[PDB]
**Student:** 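Quick one: this structure, given as structure tokens, is what I'll be asking you about.
Each chain gets a letter, A, B and so on, in the order its sequence line appears, and its residues count up from 1. Scope of the values below: all heavy atoms of this structure, side chains included, with no hydrogens, waters or symmetry mates. Both counts, for ligands and for their atoms, begin at 1 and track the order of listing.
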Amino acid sequence: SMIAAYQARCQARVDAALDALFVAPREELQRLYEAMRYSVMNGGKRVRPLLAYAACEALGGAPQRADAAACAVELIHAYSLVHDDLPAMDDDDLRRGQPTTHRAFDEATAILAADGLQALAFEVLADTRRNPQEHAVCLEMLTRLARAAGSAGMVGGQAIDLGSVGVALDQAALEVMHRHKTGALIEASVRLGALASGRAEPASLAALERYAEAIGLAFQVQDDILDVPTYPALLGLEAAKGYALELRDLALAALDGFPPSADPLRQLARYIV
Amino acid sequence: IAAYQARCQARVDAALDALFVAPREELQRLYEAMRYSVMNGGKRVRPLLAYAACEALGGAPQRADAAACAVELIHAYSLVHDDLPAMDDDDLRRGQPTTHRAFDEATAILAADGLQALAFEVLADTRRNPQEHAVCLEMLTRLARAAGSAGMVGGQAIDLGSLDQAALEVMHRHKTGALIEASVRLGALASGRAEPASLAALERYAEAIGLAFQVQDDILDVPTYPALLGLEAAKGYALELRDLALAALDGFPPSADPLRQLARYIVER
Ligand SMILES: CCCCCN(C)CCC(O)(P(=O)(O)O)P(=O)(O)O
Ligand SMILES: CCCCCN(C)CCC(O)(P(=O)(O)O)P(=O)(O)O
Ligand SMILES: CCCCCN(C)CCC(O)(P(=O)(O)O)P(=O)(O)O
Ligand SMILES: CCCCCN(C)CCC(O)(P(=O)(O)O)P(=O)(O)O
Ligand SMILES: CCCCCN(C)CCC(O)(P(=O)(O)O)P(=O)(O)O
Ligand SMILES: [Mg+2]
Ligand SMILES: [Mg+2]
Ligand SMILES: [Mg+2]
Ligand SMILES: [Mg+2]
Ligand SMILES: [Mg+2]
Ligand SMILES: [Mg+2]
Ligand SMILES: [Mg+2]
Ligand SMILES: [Mg+2]
Ligand SMILES: [Mg+2]
């Protein structure tokens, strides 16, 4: 499809940029940097960089402008996975059939590698060579990423998730959890791409945020459907399917008035379901 | 400078205290862990440095509030992770349960991850850190490079990956030097009066004191400086480091006295 090709292009672009980020400054840091590289260069689909690139092109921006945004979101994503896999959390030996970072290396090294990837995400956005936007915009990007990645966003989601082991969640609570744990970063990816366009305005940003909210949930509902507290458990399988379609429609409706260059976002919304 | 310290401490604690309000109820416990990890009665050396660097260059100290917060937030998150079972495995810090004991291990990992996000948030926030934009960006750049795999986190890995004196110093310069230097650099930037020669002088200062802390702590506890150099020679080196710090400040005006007093204080403990 058009979306499969767009994804492959986004993936190649962000991987080339990311690949350059993992050279140890000196020899004693080689293994730390190898763990960082292992944690990022893992053949991931790069959905968050796709969203950044696509939001940028949806507002008329050349996609290379969003390279730093794309790297930063993926660096936050990657660090999150390394921490999530740790024995204190999900305790997973494998991710996509490969040894998790703490399994490949060791637990200390994985914690640190990921800590350094979070630093690096902020580094790339603050770096005016790598992220050559107007200064006020670089700062806004950093602000939005920090709020999305932190205790009010993604890390908060993780805490909500750990804090409801034992509790039977209803749909509202499930959605609170999801909106933090994954929504915040998906929204930031769209917001930061849009900012990288050089043409953001408040109406277009707010529309793109409605898009991001809808697709972020649509991802979760559809994943649950395909794995068949989950959406099908709550609603039954057919009604979950209906809801996935309702979310796709909300996303497409949010893009009303956008030009043909927003097609990749429209295509993705449909693809998800 | 015990009184200057206590003032820096009260200033930064007031600003930090305001950062730990959970946006909603489901996040209360996370935010409590964050607070517990920061509001721990720490001496706030890094904020003292940021404030004092700012004043050394003629800047009113409140201009450095965000820098002070950011460096302390990085410092605090680093302690939580350093205390974990996979690293130093400490049950206590300053006689109190470590965050992973008071709460739980996942919560401690997460609380600290959110402190690191928050440090960058505070510097990028033009209300809390109201400098010129290019200066905000430069502060963020320097903190990110200092906190990350090329600085502080690198130092942790070097330590775990381990010694002659050169190698000990490589380790220290990453593990603690990078963040001490960033604290001084960020305060200096917050002054609005930074210039390259002064920034370079202040960096020499920070390099010297960072090491002076480590040398003197090893001396007092008697791969340590006394083991490596001999006890009396380590004492000599501590003085040498203090003098390098004071020399780096030669030609700064009287408002740099707090930095001078700290250099002496370190080696007089
Ligand atoms: C540490 C913050 C992570 C926030 C959510 N991540 C996407 C976690 C990764 C997951 O999607 P994954 O299935 O483990 O990949 P989880 O089910 O554990 O939530
Ligand atoms: C080895 C293949 C395992 C399953 C692969 N996907 C389900 C992983 C995607 C995820 O991590 P996510 O939480 O769905 O986004 P999941 O939890 O569904 O697994
Ligand atoms: C990422 C970790 C960087 C932290 C560097 N030090 C401040 C850690 C704390 C120590 O000083 P502490 O004595 O545990 O407080 P350490 O001796 O373990 O280095
Ligand atoms: C295996 C340790 C080699 C690194 C240097 N030290 C001896 C570690 C011990 C410390 O971190 P600790 O706080 O005493 O555990 P120190 O502050 O003495 O450096
Ligand atoms: C780099 C600033 C040093 C400030 C003094 N330290 C807190 C003294 C205590 C130590 O030596 P200790 O291992 O706690 O005894 P640390 O490793 O924490 O530095
Ligand atoms: Mg998980
Ligand atoms: Mg998991
Ligand atoms: Mg999962
Ligand atoms: Mg320790
Ligand atoms: Mg340690
Ligand atoms: Mg200590
Ligand atoms: Mg020491
Ligand atoms: Mg120690
Ligand atoms: Mg010791």
**Student:** Just wondering, what drug is modeled at ligand 3?
**Tutor:**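 Answer: ibandronic acid.
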**Student:** Help me out: which chain holds the greatest share of contacts with ibandronic acid (ligand 3), per the PDB entry?
**Tutor:**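 The chief chain, as the PDB entry names it, is geranyltranstransferase.
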**Student:** For ibandronic acid (ligand 3), which other chains have at least one heavy atom closer than 4.0 Å?
**Tutor:**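 Chains with a heavy atom that near ibandronic acid (ligand 3): B.
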**Student:** Which residues define the site around ibandronic acid (ligand 3) at a heavy-atom cut-off of 4.0 Å?
**Tutor:**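 By heavy-atom distance, those residues are B/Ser78, B/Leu79, B/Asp82, B/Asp88, B/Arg93, B/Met152, B/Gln156, B/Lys175.
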**Student:** Looking only at protein heavy atoms, which one is nearest to atom 16 (P) of ibandronic acid (ligand 3), and what is the separation?
**Tutor:**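 Answer, as residue, atom name and distance: B/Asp82 OD2, 4.2 Å.
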**Student:** Is there a protein heavy atom less than 4.0 Å away from atom 13 (O) of ibandronic acid (ligand 3)?
**Tutor:**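 Protein heavy atom within 4.0 Å of atom 13 (O) of ibandronic acid (ligand 3): absent.
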**Student:** Source organism for chain B according to the entry?
**Tutor:**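 According to the entry, Pseudomonas aeruginosa.
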**Student:** For atom 18 (O) of ibandronic acid (ligand 3), which protein heavy atom lies nearest, and how many Å away is it?
**Tutor:**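 For this ligand atom, the closest protein heavy atom is B/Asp88 OD2, 2.8 Å.
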**Student:** Considering non-hydrogen atoms of the protein only, which is the closest contact for atom 6 (N) of ibandronic acid (ligand 3), and what is the distance?
**Tutor:**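 Checked against all protein heavy atoms, atom 6 (N) of ibandronic acid (ligand 3) sits closest to B/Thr176 CG2, 4.2 Å.
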**Student:** Give the residue, atom name and distance (to 0.1 Å) of the protein heavy atom nearest atom 17 (O) of ibandronic acid (ligand 3).
**Tutor:**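 Of every protein heavy atom, B/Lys175 NZ, 4.8 Å lies nearest to atom 17 (O) of ibandronic acid (ligand 3).
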**Student:** In ibandronic acid (ligand 3), which numbered atoms sit nearer than 4.0 Å to a non-hydrogen atom of B/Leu79?
**Tutor:**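 The atoms of ibandronic acid (ligand 3) under 4.0 Å from a heavy atom of B/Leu79 are 9 (C).
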**Student:** Which residue owns the protein heavy atom closest to atom 3 (C) of ibandronic acid (ligand 3), what's the atom, and how far is it?
**Tutor:**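 Looking only at protein heavy atoms, the one closest to atom 3 (C) of ibandronic acid (ligand 3) is B/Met152 CG, 3.6 Å.
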**Student:** In ibandronic acid (ligand 3), which numbered atoms sit nearer than 4.0 Å to a non-hydrogen atom of B/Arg93?
**Tutor:**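 Counting atoms of ibandronic acid (ligand 3) from 1, those under 4.0 Å from B/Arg93 are 12 (P), 14 (O), 15 (O).
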**Student:** Side chain or backbone, does B/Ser78 bring an N or O within less than 3.5 Å of an N or O on ibandronic acid (ligand 3)?
**Tutor:**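 N/O-N/O distance below 3.5 Å does not exist for this pair.
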